[PDB]
Amino acid sequence: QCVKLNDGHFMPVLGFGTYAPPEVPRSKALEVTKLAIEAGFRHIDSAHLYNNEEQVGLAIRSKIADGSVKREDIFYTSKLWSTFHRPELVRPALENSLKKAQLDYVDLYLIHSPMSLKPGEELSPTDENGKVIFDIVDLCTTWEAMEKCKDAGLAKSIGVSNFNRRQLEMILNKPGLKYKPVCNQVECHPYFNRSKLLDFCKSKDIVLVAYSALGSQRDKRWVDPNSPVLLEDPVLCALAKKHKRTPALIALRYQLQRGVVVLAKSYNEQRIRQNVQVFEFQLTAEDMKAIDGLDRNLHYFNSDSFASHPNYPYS
Ligand SMILES: NC(=O)c1ccc[n+]([C@@H]2O[C@H](COP(=O)([O-])OP(=O)(O)OC[C@H]3O[C@@H](n4cnc5c(N)ncnc54)[C@H](OP(=O)(O)O)[C@@H]3O)[C@@H](O)[C@H]2O)c1
Ligand SMILES: O=C(O)c1ccccc1Nc1cccc(C(F)(F)F)c1
Ligand SMILES: O=C(O)c1ccccc1Nc1cccc(C(F)(F)F)c1
C-alpha cells in the first residue's frame, strides 16, 4: 500500500486531506484526523496555509500516545507557503511548522506553489483590485534551501506542488542538483487527468500526487459554481452502480490504477471510513477508458488571483 520514492523512503498511496475552509471550527481537524487514523489512513496532508497544523499534529501525537500507531507508521506532509520562497525563509518556515505540529520531522515538505508572493505578515497580500502582490524568486534557490532541510533531518523527503512540466524541468536541470523532488502534488481528477504531466513524472521517477481527486470543495473564493460537479458525473455514477460502490470510490480507484498517489479530504466520519474501501475493488480496462474520456481540461481552482501571476502553472 506504499510507493518507493526516488530518495529511498516510502509513501502510502492513499492520503488524508486536512484542509477545511475558515468557517469550519479549528477543533474539527483534531477530531477528524483521529478518525482518519482509526479508519486506516497513514498518510496525512497538511500545510502552513491550512491553519490546522497544531490540531493535525495533536491528532497524530494522541494516536501515538494511546498505542494505535508508531511515528514511523505515519507519513506527515507539510508545505512551504509562497511568501517564504526566498531561501533564507525556508528553514524557519519548516521549523515553525514542526513547532506547531510538535513533531521532530515531517516525512515530506513541499513547495506549495510556484507562484511566489511578497514576503510578510499576510498569507495573501493584495494591491487595490484584489489581485495579489507577486514576488520574483528563482525557485532553484528555494530548492537549494529545501535540500538543506533534508540534509538537516527536518524533512525526510522534499518535493513540489502545483508545478507544470517546464517548472519541474528547471529544477531537474539545476547544476549541482542534490535531490530530485520525490513528487509533484497537483490538481488531478477525471475532468483534468494530467496525462501528459503524469507521463513526464513517471519518466523522471517523480510521483504524481492528486489533489481535488473528488472534485474539490468548490470554495466560492476560487471555484466557479457553474463548473460540473465531479461526483454527479453520469459516467462515474454508472460505474458506481456497476460495481456497487460510490462515485467517490470510483474516482479514487481510477488514480491508484494509473500509478497516481491520491488524497481524499472528508470531515464526515462515514465518508472517511468509506474512502479506505478503495483497496477493496478494481476497475477494468474498459472502465478506465470510460473515465479517461471525461477529461475536459477543467481546473476547479480558477481565479484571477492565480491566473494573472507570472508563474501561473496553467496554459
Ligand atoms: N497542493 C495544493 O495546492 C492543494 C490544493 C487542494 C487540495 N490539497 C490537498 O488535497 C486535499 C483534498 O483535496 P480537496 O480539499 O480539494 O478535496 P477533495 O478530496 O477533492 O474532496 C472534495 C469533497 O468531497 C467530499 N467527499 C469526501 N469523500 C466523499 C465520499 N466518499 N462521498 C461523497 N463525498 C465525499 C468531501 O466533503 P465532506 O468533508 O463533507 O465529506 C470534500 O469536501 C486537501 O484537503 C489538501 O490536503 C492540496
Ligand atoms: O505501489 C505503487 O507504487 C503505487 C503508486 C501509485 C499508486 C498506486 C500504487 N500501488 C497500489 C495500487 C493498488 C493497490 C496497491 C496495494 F495492493 F498495495 F494495496 C498498491
Ligand atoms: O492547498 C489547498 O488545499 C488550498 C486551499 C485553499 C486555497 C488554495 C489551496 N492551494 C493552492 C494554493 C496556491 C495555488 C494553488 C494553485 F496552484 F492551484 F493555483 C492552489
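Per the PDB entry, chain A residues shown: 6-320, in order. Quick note: numbers below take in every heavy atom, side chains included, and nothing from hydrogens, waters or symmetry partners. Order of listing sets the numbers, starting from 1, for every ligand and every atom in it. So this one's X-ray crystallography, 1.8 Å, going by the header.
- Bound to ligand 2 with the most contacts here is the chain that UniProt lists as Aldo-keto reductase family 1 member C3.
- The drug positioned at ligand 2, selected from flufenamic acid, phencyclidine, sulthiame, artemether, is flufenamic acid.
- Within 4.0 Å of flufenamic acid (ligand 2), judged by non-hydrogen atoms, the site holds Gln6, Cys7, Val8, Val18, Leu261, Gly264, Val265, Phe284.
- In terms of protein heavy-atom proximity, atom 18 (F) of flufenamic acid (ligand 2) is nearest to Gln6 N, 3.0 Å.
- Residues flagged by UniProt as binding NADP(+) in chain A that sit under 4.0 Å from flufenamic acid (ligand 2) (heavy atoms): none.
- The PDB lists the organism for chain A as Homo sapiens.
- Of all atoms in flufenamic acid (ligand 2), numbered sequentially from 1 with element shown, those under 4.0 Å from a heavy atom of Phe284 are 19 (F).
- Between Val8 and flufenamic acid (ligand 2), no N or O atom pair is found at a separation short of 3.5 Å.
- Close approach to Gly264 involves these atoms of flufenamic acid (ligand 2), each under 4.0 Å from a residue heavy atom: 6 (C), 7 (C).
- For atom 15 (C) of flufenamic acid (ligand 2), no protein heavy-atom neighbour is present inside the 4.0 Å cut-off.
- Looking only at heavy atoms of the protein, atom 8 (C) of flufenamic acid (ligand 2) is closest to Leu261 O, 3.5 Å.
- In terms of protein heavy-atom proximity, atom 11 (C) of flufenamic acid (ligand 2) is nearest to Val18 CG2, 4.4 Å.
- Within the 4.0 angstrom cut-off, atom 5 (C) of flufenamic acid (ligand 2) has one or more protein heavy-atom neighbours.
- For atom 1 (O) of flufenamic acid (ligand 2), the closest heavy atom belonging to the protein is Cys7 O, 3.1 Å.
- Of the protein's non-hydrogen atoms, the one nearest atom 7 (C) of flufenamic acid (ligand 2) is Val265 O, 3.4 Å.
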Every pair of nitrogen or oxygen atoms between flufenamic acid (ligand 2) and the protein that is under 3.5 angstrom apart - can you list them with their distances to 0.1 Å?
unit_1, atom_1, unit_2, atom_2, d
flufenamic acid (ligand 2), 1 (O), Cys7, O, 3.1

